[PDB]
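This file shows 4-substituted benzoates-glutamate ligase GH3.12 complexed with salicylic acid.
The residues of chain A that appear here are 8-449, 454-474, 488-542, 549-575 by the PDB entry count, in order. First listed ligand is number 1; within each ligand, the first listed atom is number 1.
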Amino acid sequence: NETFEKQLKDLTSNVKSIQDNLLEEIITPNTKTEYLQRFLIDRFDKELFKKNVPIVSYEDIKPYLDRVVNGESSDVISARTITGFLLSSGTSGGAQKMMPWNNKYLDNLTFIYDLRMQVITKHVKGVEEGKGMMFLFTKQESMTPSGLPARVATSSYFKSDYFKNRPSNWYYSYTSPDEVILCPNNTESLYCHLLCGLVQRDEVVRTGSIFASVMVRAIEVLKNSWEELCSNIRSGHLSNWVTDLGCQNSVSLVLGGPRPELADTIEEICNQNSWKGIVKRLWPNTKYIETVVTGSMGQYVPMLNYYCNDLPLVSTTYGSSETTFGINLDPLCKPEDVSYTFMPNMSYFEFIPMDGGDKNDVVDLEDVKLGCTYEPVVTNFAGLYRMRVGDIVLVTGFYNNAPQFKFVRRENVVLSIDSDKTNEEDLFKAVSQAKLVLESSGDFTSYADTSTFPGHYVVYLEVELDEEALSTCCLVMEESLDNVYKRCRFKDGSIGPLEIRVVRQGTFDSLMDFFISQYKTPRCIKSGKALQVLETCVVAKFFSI
Ligand SMILES: Nc1ncnc2c1ncn2[C@@H]1O[C@H](COP(=O)(O)O)[C@@H](O)[C@H]1O
Ligand SMILES: O=C(O)c1ccccc1O
């Protein structure tokens, strides 16, 4: 695989020139856009670009985005025609952010998919003849006034020929038929994922999903669905409640006919006392689990390890709605040691120092410092120039001349389970809308609880008590969160009812003691030991609905 090795060494050594070339490739055709004309960028000139083009947040350039979303010519901001939009997890004052998009995003994405396939096969053997049980989902598109579809990045891929006509090798070979993957009903599709996977269990040499929250759900759903799956296996008939015609036709063929011996074989595996190692006992030829376990997904590692008998957890890719950033070049590492190596062909990257270790104002990709934290700044192929990503990364090293980054967190996010990234700003709002029912009927922090599936939000409050009021304080707190939450909470089942746990009096003063025992009360708490002081000063619990 000499082509790959060469390709990678080239990418990682020539970082500076590739970036400078990329920048020219983006700027040159865009010099007559309204946006670039405004900032006097009449030619490729790197210092003029850095001097005169502003660093922006989503909010700074929103009037431009709204124009294209509403139907105005793409050439306001990009001479590469905007053919759609990406719906970000991140929000802007309630609404999801809508990033401009075209097929360059998928060119980059498929480049990354091919690259990471080569990285994986270099290190992991025994996968080239098997298939993957990948829990992949399509979310249905939202329509814009322009007539262009807004989708999630990964659905932008599934709904395209980049997916339909993908390469014909092991890495693109799944136990599930494409129809299952394309099913907009994810409850139906996940059931079918499991069912097709069980049918073809011996062939499974890997499993996973984009994020670890989803792999966890696949296993929890399996636990709650296995008797039904096995009946379908026994009979050779998919269950009637699956409405999707594509799933109906496609899964029926995988089933093929009554398999009462395979059903018994699976029933007997599932009936063991413990669920420990279940993934590997049902799919014994699995070599790894392919899923993101970095950032807030790290909270799922022990559970993954429990179900998977310490199969390697390979966390390959760091990407976003603005752009795909890069990959993990050391896939067999532990999750807490995962760094992502940005690829210089993805977009032109700058970085804003988030600490004292770098006193510069903004720096190029090749100038970032070891141990230093930065916020990435992206210039891409769809009309984004020098936009803040609102993530925080830490430089852990350099692979040749390619900086490697540990993902620290998304700026301002206090609560995450699954897809939702609830910002502090969202939590103030809702806890202002709870203060009303407490101001009429009759401090605070939060934790993300994933001890049960589905994970759920926990808010501590500092007030017997009625359960009209406090139950309705759970409700308003939920209903004032974002559409990502609500899709996760009401449609997908990735999130259960928000919990309100009332603190004792003085707990919200002896909490000012907590980090004193280390002012500003945290609106989230991760510290296991400080979860202790909270969990023992609860006088009552209440939930949403
Ligand atoms: N590999 C990863 N590890 C941790 N967080 C990630 C990873 N990939 C993406 N993210 C987070 O998910 C976000 C996805 O962006 P968007 O598609 O706009 O919702 C990023 O901005 C990061 O905050
Ligand atoms: O497509 C992916 O596999 C992916 C994974 C992590 C982040 C963004 C992504 O597009």
Positions of salicylic acid in the model: ligand 2
I'm trying to map the binding site of salicylic acid - which residues have a heavy atom under 4.0 Å from it? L116, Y120, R123, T161, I217, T324, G326
Who's the nearest protein heavy-atom neighbour of atom 7 (C) of salicylic acid, and how far? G326 N, 3.5 Å
I'd like to check whether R123 has a polar contact with salicylic acid, where a contact means an N/O of the residue lying under 3.5 Å from an N/O of the ligand. yes
What salicylate-binding residues, per UniProt, in chain A have a non-hydrogen atom within 4.0 Å of salicylic acid? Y120, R123
Has salicylic acid got any nitrogen or oxygen that is less than 3.5 angstrom from a nitrogen or oxygen of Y120? yes
What is the nearest protein non-hydrogen atom to atom 10 (O) of salicylic acid, stated with its residue, atom name and distance? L116 CD1, 3.6 Å
Which residue supplies the protein heavy atom nearest to atom 4 (C) of salicylic acid, what is that atom called, and how far is it? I217 CG2, 4.0 Å
Salicylic acid - covalent partner residue and atom: none
Identify, for atom 6 (C) of salicylic acid, the protein heavy atom at the shortest distance, and state residue, atom and that distance. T324 O, 3.3 Å
What AMP-binding residues, per UniProt, in chain A have a non-hydrogen atom within 4.0 Å of salicylic acid? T324
Check for other ligands or ions less than 4.0 Å from salicylic acid and list them. ligand 1 (adenosine monophosphate)
Any protein N/O atoms within less than 3.5 Å of an N/O atom in salicylic acid? List the atom names and distances, or say none.
{"from": "salicylic acid", "atom 1": "1 (O)", "to": "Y120", "atom 2": "OH", "distance (Å)": "2.4"}
{"from": "salicylic acid", "atom 1": "3 (O)", "to": "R123", "atom 2": "NH1", "distance (Å)": "3.0"}
{"from": "salicylic acid", "atom 1": "3 (O)", "to": "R123", "atom 2": "NH2", "distance (Å)": "3.4"}

